[PDB]
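The model below depicts IpCS3 holding caffeine.
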Amino acid sequence: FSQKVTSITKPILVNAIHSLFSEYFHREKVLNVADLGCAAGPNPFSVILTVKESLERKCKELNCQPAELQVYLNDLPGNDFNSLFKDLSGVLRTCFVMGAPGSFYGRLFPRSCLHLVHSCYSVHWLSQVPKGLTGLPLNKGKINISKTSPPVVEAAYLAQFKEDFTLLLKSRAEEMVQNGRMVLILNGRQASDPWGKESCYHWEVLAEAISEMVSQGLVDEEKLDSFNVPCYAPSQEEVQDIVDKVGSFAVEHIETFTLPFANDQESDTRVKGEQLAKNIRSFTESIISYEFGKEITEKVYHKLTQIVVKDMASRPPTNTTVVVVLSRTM
Amino acid sequence: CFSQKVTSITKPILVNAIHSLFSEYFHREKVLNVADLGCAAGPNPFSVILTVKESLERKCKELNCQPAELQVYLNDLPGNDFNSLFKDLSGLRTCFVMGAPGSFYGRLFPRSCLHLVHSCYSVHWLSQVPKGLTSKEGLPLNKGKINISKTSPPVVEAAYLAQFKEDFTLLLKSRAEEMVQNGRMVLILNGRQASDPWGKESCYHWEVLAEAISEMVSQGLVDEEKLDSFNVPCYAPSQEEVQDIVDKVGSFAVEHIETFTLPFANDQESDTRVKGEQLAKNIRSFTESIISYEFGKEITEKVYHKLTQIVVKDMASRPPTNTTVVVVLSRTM
Ligand SMILES: Nc1ncnc2c1ncn2[C@@H]1O[C@H](CSCC[C@H](N)C(=O)O)[C@@H](O)[C@H]1O
Ligand SMILES: Nc1ncnc2c1ncn2[C@@H]1O[C@H](CSCC[C@H](N)C(=O)O)[C@@H](O)[C@H]1O
Ligand SMILES: Cn1c(=O)c2c(ncn2C)n(C)c1=O
Ligand SMILES: Cn1c(=O)c2c(ncn2C)n(C)c1=O
């Protein structure tokens, strides 16, 4: 899945880079790139290579020396920059890679210096759990928007997102050169899709595993009730509406695509389920662990592995991605 | 006290260099860019950030202008503990702090963007152990020691100086390409008074480590050939050497040159034992990794135990000094 996403989207990144060339940004002394929420895995390496290779390839054609490249790798201060920097030791030459700790909800970089901003699977995370999920907890059974969720949950999540995403765009707007491009890829939904397993498979199946622990009386039902993940899956329409209100970007590309969550290149339904569960753990573990402690979380994932395995044998789940490319105007 | 003494004595030099930036109206540019070479993870980088931030804010008040934004690059080798550094920096408004992993012997930053470069106790470390500390035959010159000593043949001295000339030149050439016209660079490093002999006067730590090693050779727990052909990639230059190297690189003017010598141990401690133990701990903390890599964990732990006994003994008779060289450059042409 992670592989599928990066490979499907690579041409979009490359097209955005090509836009930079018809502005002669490759003729400037340095090209500045930012990756928002880079984590520590291989995706940042691949973003660096894509830009580096495309920049080198084009300067070969035009018989000029390539601009130098500066890549800022942004993530929250708790990110494992140590590992990231150790792995980057095995691009160089004319290539200067920085760590930029901080939240992308706010200023991170000098005014109008960025030529390219990139983000893959970060900007769906909210700055806080949305307000108005309370006293008394609305959204009783669940940890995200669901089939069973009252209309107010939906509206609260959307409102939080509108705030956050607007603050993201405003910050990036201040930091980008005229005609700079920004490529944003995030977990999303098809508008005509219902809530529940269609769009938020992972949040639904986690709430199931929690509910099994409540049922075993190992967790208070009030805890599940007033637990909510600070994460939203927008439609492309929502994204585009938010962008429309911030008058400093032109939309150059908008896209939604839906894949199977489970890995195709595996024939056995077992393993397929276990892998998907492992995958889900790997990006939900820290938020779950922090809320329920190590002992209970270990139990939650064991039941999760049983739920997904069962799901593989009947209706296999999907996952949906929204992609937008913006150009800085005015 | 020592690390504290160095940062506090040199703070005015940093501030003067910053003030030079103001008379170039760099505070009127959109961003002021600062680099700290070899920042490690301790409190010194925080203090450099504060010094610049405070001075920049203070002077924009005075001249009634819009404050430039501040960008600070914190450079160190990859596998420096940037995790801890970044966590501590969280306890930062129009103030953008970056990690810049890599060696300062080489390019690290875009061409001509830096206004201020700062470095405290880094650039004395060489890029490699210097070549030519072994004869044609294959015999190791510099028999007893791990740095330049009283007992060292002339070729050791000349090889270390040559390595430093290479390294320091490469540092200056790289920074020259990366600094704006009239940018300042403040370099503070462990050094020597020219008229000082080699040995305990200038390289206390290398001398006392070679002692501890020699005690392990004496207990036959380490081959004498290992000590013989082991050499630390570190030099303590005179201010004259530094100035000669700078003179050959035609892109900097010297604005300040300084040598000063302090007691190594913390003076505000009355007990000789603790004074010695502290100095030893201090010495371990900056020599551990290169000692450990060479002799393994088991014998290194023994080396530091004997080191702690040697320094404690030294505190009670002749207390050691340590010497610092400081230079400030301006980017010209
Ligand atoms: N406000 C914020 N500012 C910066 N990083 C953030 C953030 N909120 C979440 N993140 C980071 O976003 C990342 C999401 S995981 C995706 C990582 C990478 N883009 C990839 O494709 O693999 C995490 O590392 C998380 O710490
Ligand atoms: N070539 C090189 N490039 C970058 N950092 C280097 C380096 N050689 C040594 N260093 C770093 O220089 C540091 C010296 S310790 C000094 C820490 C800090 N400047 C202070 O005043 O406390 C070490 O962390 C070491 O890893
Ligand atoms: C890192 N990450 C997420 O953060 C994520 C996700 N699906 C939804 N989200 C929120 N996937 C597949 C993922 O790899
Ligand atoms: C890192 N470091 C050194 O590298 C050093 C030193 N004194 C001498 N040297 C070489 N001190 C105090 C120090 O902290």
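Chain A is the first sequence line, chain B the second, and so forth, proteins listed ahead of strands; every chain is numbered from 1. Hydrogens, waters and symmetry mates play no part in the numbers below; they use all other heavy atoms, side chains included. When a ligand or atom number is given, it counts from 1 through the structure's own listing order.
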_Can you tell me where to find caffeine in the structure, every copy?_
ligands 3 and 4
*Which other chains line caffeine (ligand 4) with heavy atoms at under 4.0 Å?*
B
*Which other ligands and ions neighbour caffeine (ligand 4) at distances under 4.0 Å?*
ligand 2 (S-adenosyl-L-homocysteine)
*For caffeine (ligand 4), which residues make up the site at a heavy-atom cut-off of 4.0 Å?*
B:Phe2, B:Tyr121, B:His124, B:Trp125, B:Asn190, B:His205, B:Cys234, B:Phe286, B:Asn322
